[PDB]
Student: 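Have a look at this one.
Quick note on labels: first sequence line is chain A, next is B, and so on, each numbered from 1. The deposited model was determined using X-ray crystallography, 4.0 Å. Only this structure's heavy atoms are used, side chains among them; waters, hydrogens and symmetry mates stay out. Atoms within each ligand, like the ligands themselves, are counted from 1 in listed order.
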There are 2 protein chains.
Amino acid sequence: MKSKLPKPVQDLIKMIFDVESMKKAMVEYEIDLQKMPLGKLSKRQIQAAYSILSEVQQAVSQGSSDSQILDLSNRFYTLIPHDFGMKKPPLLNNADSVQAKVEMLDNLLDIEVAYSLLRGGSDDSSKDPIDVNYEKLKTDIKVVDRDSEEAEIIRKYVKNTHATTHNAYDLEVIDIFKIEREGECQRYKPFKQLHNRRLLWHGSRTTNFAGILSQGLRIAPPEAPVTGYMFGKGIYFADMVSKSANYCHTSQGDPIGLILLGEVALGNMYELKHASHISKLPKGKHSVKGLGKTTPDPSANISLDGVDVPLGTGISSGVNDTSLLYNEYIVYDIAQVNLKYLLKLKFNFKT
Amino acid sequence: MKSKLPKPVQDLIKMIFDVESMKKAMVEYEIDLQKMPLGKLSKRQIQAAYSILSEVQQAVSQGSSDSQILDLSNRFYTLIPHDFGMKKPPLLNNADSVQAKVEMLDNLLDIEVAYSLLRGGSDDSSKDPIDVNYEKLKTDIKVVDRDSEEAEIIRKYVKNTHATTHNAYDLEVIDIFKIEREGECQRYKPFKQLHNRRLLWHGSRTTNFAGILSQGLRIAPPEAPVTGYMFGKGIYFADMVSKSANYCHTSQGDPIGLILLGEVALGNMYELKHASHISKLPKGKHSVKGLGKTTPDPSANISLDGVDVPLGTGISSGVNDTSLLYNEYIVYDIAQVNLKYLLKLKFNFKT
Ligand SMILES: CN(C)CCC=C1c2ccccc2CCc2ccccc21
């Protein structure tokens with residue numbers, strides 16, 4: 001037999017469970033596949049890499065030992081064998097290169113999760129590869145009818161909240177999905193009637209979604225460095241679709257992007273303007289909001305599900321002083337999130 | 001007519017007002033005294049630079065390339081011209097670049113005042129150069145007696161809290177001064193009975209004190225960038241004496257230094273492990289305490305003026321994954337500072 005699932009859902013399955021995507025991703029980070037193939041990648045290898053980053057974090061603040069900073073930077077490339085050709089490997093000596101690497105490792109973690117879930121579970125040849133992988137995702141994925149007003153709303157969300165400055169592309173909705181991950185309905189219960197609930201985007205690289213649908217969105221591991229993530233070890237969302245759409249890291253080769261809508265229990269937002277690395281919040285606040293100059297228009301806010309959907313146009317909130325152009329909201333407890341809709345998108349680049 | 005004041009107070013006045021020390025301190029910041037002499041300084045000149053730093057802060061955080069950020073780095077040097085040997089103008093393009101040039105302007109502002117005071121007054125050849133300048137400070141400086149228990153309290157507090165990581169030099173007390181700025185006790189009235197009030201170290205470069213005694217301690221202006229300081233714009237402190245003493249920035253060429261002892265209404269503390277650039281606390285909080293790896297023994301505290309004087313030996317606090325070797329405290333409200341003692345110290349080096 002062959003799969004009897006909806007056709008766009010099948011396409012989605014072959015997208016996130018894609019080997020050549022995974023091998024290509026490691027090459028984008030200029031990694032030696034001969035010394036380190038996809039098979040020999042592991043979970044703790046990365047945890048160790050994270051500790052190397054945590055080491056450098058401490059090394060910079062806790063005194064001035066720039067000698068060691070090299071030896072650890074060099075040790076990183078030993079841990080994760082790269083192949084730049086003739087070019088110099090970028091020195092890990094500051095906040096930029098630190099931040100740079102954690103994002104890779106976060107992706108590497110998700111690829112290990114994906115390939116482990118691919119080789120995980122059961123051998124059943126009499127079924128189809130698609131049905132098998134679907135059942136491994138632990139997620140009911142329904143195609144949303146493009147008529148349904150929720151779709152129209154979703155379109156009006158994306159349509160308006162494309163920011164002007166991110167001019168390199170423009171967007172359109174290929175496929176929408178009503179995902180339901182097993183357990184998250186119960187996990188989200190304690191924050192269900194917490195005040196100030198907003199539907200927000202989470203953008204991510206195609207392949208990660210295998211891990212993002214099986215295990216949900218997670219906080220960085222204990223090994224990870226807090227300085228590597230601007231606001232710290234939480235989970236990052238945006239109200240503008242373009243902001244998250246950049247975190248799809250779409251290319252000319254890979255123009256199709258996946259992005260999520262998610263119900264987040266924010267409540268009392270620790271309103272901030274600049275970087276502030278932290279593991280936990282003060283007694284009172286339940287989340288952070290990085291305030292940006294541009295923002296979705298507040299008068300155009302609405303309520304589907306009894307939840308806020310700010311889909312107004314980008315307007316200049318009179319925000320004196322900020323490192324961020326656009327807004328972003330961050331919660332630091334994984335239960336505070338409930339995922340709703342997954343959107344396959346098309347990035348048509350300009351010339 | 002010669003002065004009525006004590007010898008120690010006279011040598012103190014001279015030291016801070018020594019113009020040649022100011023001229024000298026500006027050279028350490030690579031300032032060109034041809035294009036930017038001491039006389040040609042002004043308040044807005046420096047505040048204009050702060051705005052341009054604040055503009056780079058964003059340029060840096062958003063990863064604008066070396067060809068783009070070029071213009072902003074030269075814009076800064078345009079305002080404040082520098083003496084670069086025979087070099088090309090060094091590119092300002094990271095956190096430290098900012099942090100370094102931020103701590104510069106602080107001084108430039110504090111030095112401006114000193115030069116502004118020497119000149120902004122009435123001269124009189126009959127009256128003493130010193131006494132006239134003592135008037136300018138608006139401070140009732142009194143020489144502490146060597147025996148009085150308060151002297152012996154300070155001696156031990158200084159004696160014990162010299163950190164092992166800063167042992168390249170070793171300090172000894174020369175002079176101690178009980179001080180009271182005019183009106184400063186009026187400012188403290190609301191906070192004088194607040195819970196958790198401590199006496200803490202605050203050491204700045206010799207040349208700044210004129211402005212500190214005149215204006216009181218000060219937070220950075222509105223124009224300044226928040227990312228120039230580890231915990232944003234405020235009033236920093238320390239419970240370890242060597243830590244604060246390092247910002248006197250003494251050397252073999254200038255082994256004389258000054259350092260303060262201010263009462264601080266910490267109250268409810270927002271404890272933190274890592275860099276958190278802010279200009280406003282979470283509600284309920286009054287001060288910030290950086291969680292140090294090392295702490296003055298909790299059981300070795302005593303009361304003077306009903307204030308918590310922390311003068312124990314150095315021990316491990318028992319904190320994992322922190323960026324601070326020792327506690328540094330930051331209040332974000334001028335009103336929560338009251339100055340009590342100013343010490344003159346010889347920095348005896350191990351050359
Ligand atoms: C003139 N006044 C306002 C100086 C402020 C106080 C300090 C200081 C002193 C002791 C411990 C920490 C800090 C914080 C950092 C810092 C950086 C540069 C210059 C001074 C300072």
Student: Name the drug or drug candidate found at ligand 1.
Tutor: amitriptyline
Student: Per UniProt, what is the name of the chain that shares the largest number of close contacts with amitriptyline?
Tutor: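 Main partner, per contacts: Poly [ADP-ribose] polymerase 1, processed C-terminus.
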Student: Can you point out the other chains with any heavy atom under 4.0 Å from amitriptyline, by letter?
Tutor: B
Student: Hey, quick one: which UniProt domain of chain B is doing most of the touching with amitriptyline?
Tutor: PARP catalytic
